[PDB]
Chemist: 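One structure, pasted below without further comment.
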Protein chains: 2
Amino acid sequence: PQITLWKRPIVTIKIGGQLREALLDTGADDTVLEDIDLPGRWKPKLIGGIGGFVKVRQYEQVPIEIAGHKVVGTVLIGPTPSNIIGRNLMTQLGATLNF
Amino acid sequence: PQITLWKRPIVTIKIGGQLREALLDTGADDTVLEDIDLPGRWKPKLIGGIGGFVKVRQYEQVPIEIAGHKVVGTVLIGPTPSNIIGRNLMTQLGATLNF
Ligand SMILES: CC(C)CN(C[C@@H](O)[C@H](Cc1ccccc1)NC(=O)O[C@H]1CCOC1)S(=O)(=O)c1ccc(N)cc1
């Protein structure tokens, strides 16, 4: 698809058999989800945004479906006011910004 | 232009006779710049990001050039680890996300 930016670029995701929504976020290097429990081993990691920093669980080689496209990559789990898909996964969709 | 997302989508801006760089940020509703002082009246505003909240100055009807395109709109000034161009201004470029 091609979408305009008059509203937030929210898409449907499926991860670990759970369905959620997430914001396509060209400002975010990495994907961050709050409302999802993932199984298996993880690494503690601190991410920085506007206002300060949050402790996140880093999960690697996570299968995730984004707007219908199966990819596998790194998903961070921790507090975020919005689930965000970052460039780590948007590059696997071949996503582009156009203006 | 069309850009891919293997690197951060950074563009050159000109605002108030000052040249800066900023991130094209589909995850950001509003534009936020740190490293620039703007003239005239403003309104206090609090914005929320991943890591809490910051106090910003809201400046309205600010002339700004983004990757060569003159627009006028609202610019928030306050602490941000990266200057960000949000959807408020990217909609004036006719920007789209494609995948
Ligand atoms: C340069 C920063 C700002 C990058 N952030 C992404 C931005 O899109 C961020 C995403 C977000 C959406 C909803 C609520 C809160 C935050 N929008 C944001 O703060 O919107 C504010 C600023 C004005 O408009 C509102 S991040 O979330 O800190 C981040 C950082 C690192 C990683 N790996 C992942 C995410």
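Read the sequence lines top to bottom; their chains are A, B, and onward. Here chain A follows the PDB entry for its numbers: 1-99, in order, are the residues you see. Note that chain B is numbered according to the PDB entry, with residues 1-99 shown in order. First listed ligand is number 1; within each ligand, the first listed atom is number 1. Recorded method for this deposit: X-ray crystallography, 1.4 Å. Computed from heavy atoms alone, side chains included, the values below leave out hydrogens, waters and symmetry copies.
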Chemist: What would the PDB entry call the macromolecule that lies against ligand 1 with the most contacts here?
Modeler: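 By contact count, the main one is Protease.
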Chemist: What's the drug at ligand 1?
Modeler: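 PDB records call it amprenavir.
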Chemist: So, with a 4.0 Å heavy-atom cut-off, what else is touching amprenavir? Just the chain letters, please.
Modeler: A, B
Chemist: Taking heavy atoms under 4.0 Å, what residues and nucleotides bind amprenavir?
Modeler: A:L23, A:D25, A:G27, A:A28, A:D30, A:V32, A:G48, A:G49, A:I50, A:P81, A:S82, A:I84, B:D25, B:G27, B:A28, B:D29, B:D30, B:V32, B:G48, B:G49, B:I50, B:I84
Chemist: Around atom 15 (C) of amprenavir, find the nearest protein heavy atom and jot down its residue, atom name and distance.
Modeler: A:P81 CG, 2.9 Å
Chemist: Does an N or O anywhere in A:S82 fall below 3.5 Å from an N or O of amprenavir?
Modeler: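 No, no N or O pair falls under 3.5 Å.
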Chemist: Counting each atom of amprenavir from 1 as listed, which ones have a heavy atom of B:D29 under 4.0 Å away?
Modeler: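 Selected atoms, number and element: 24 (O).
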Chemist: Just need the protein heavy atom nearest to atom 2 (C) of amprenavir, so name the residue and atom and give the distance.
Modeler: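 For atom 2 (C) of amprenavir, the nearest protein heavy atom is A:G27 O, 4.3 Å.
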Chemist: Output the list of atoms in amprenavir that are nearer than 4.0 Å to some heavy atom of A:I84, sorted by atom number.
Modeler: 27 (O), 34 (C), 35 (C)
Chemist: Any N or O of A:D30 that comes nearer than 3.5 Å to an N or O of amprenavir?
Modeler: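 Yes, A:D30 has an N/O under 3.5 Å of an N/O on amprenavir.
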Chemist: Using a strict 4.0 Å cut-off to heavy atoms of A:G48, name the atoms of amprenavir that fall inside it.
Modeler: 28 (O), 30 (C), 31 (C)
Chemist: Identify, by atom number and element, the atoms of amprenavir in contact range of A:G49, meaning under 4.0 Å from any of its heavy atoms.
Modeler: 28 (O)
Chemist: If you have a sec, work out which protein heavy atom is nearest atom 6 (C) of amprenavir and how many Å separate them, to one decimal?
Modeler: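 Here the closest protein heavy atom is A:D25 OD2, 3.2 Å.
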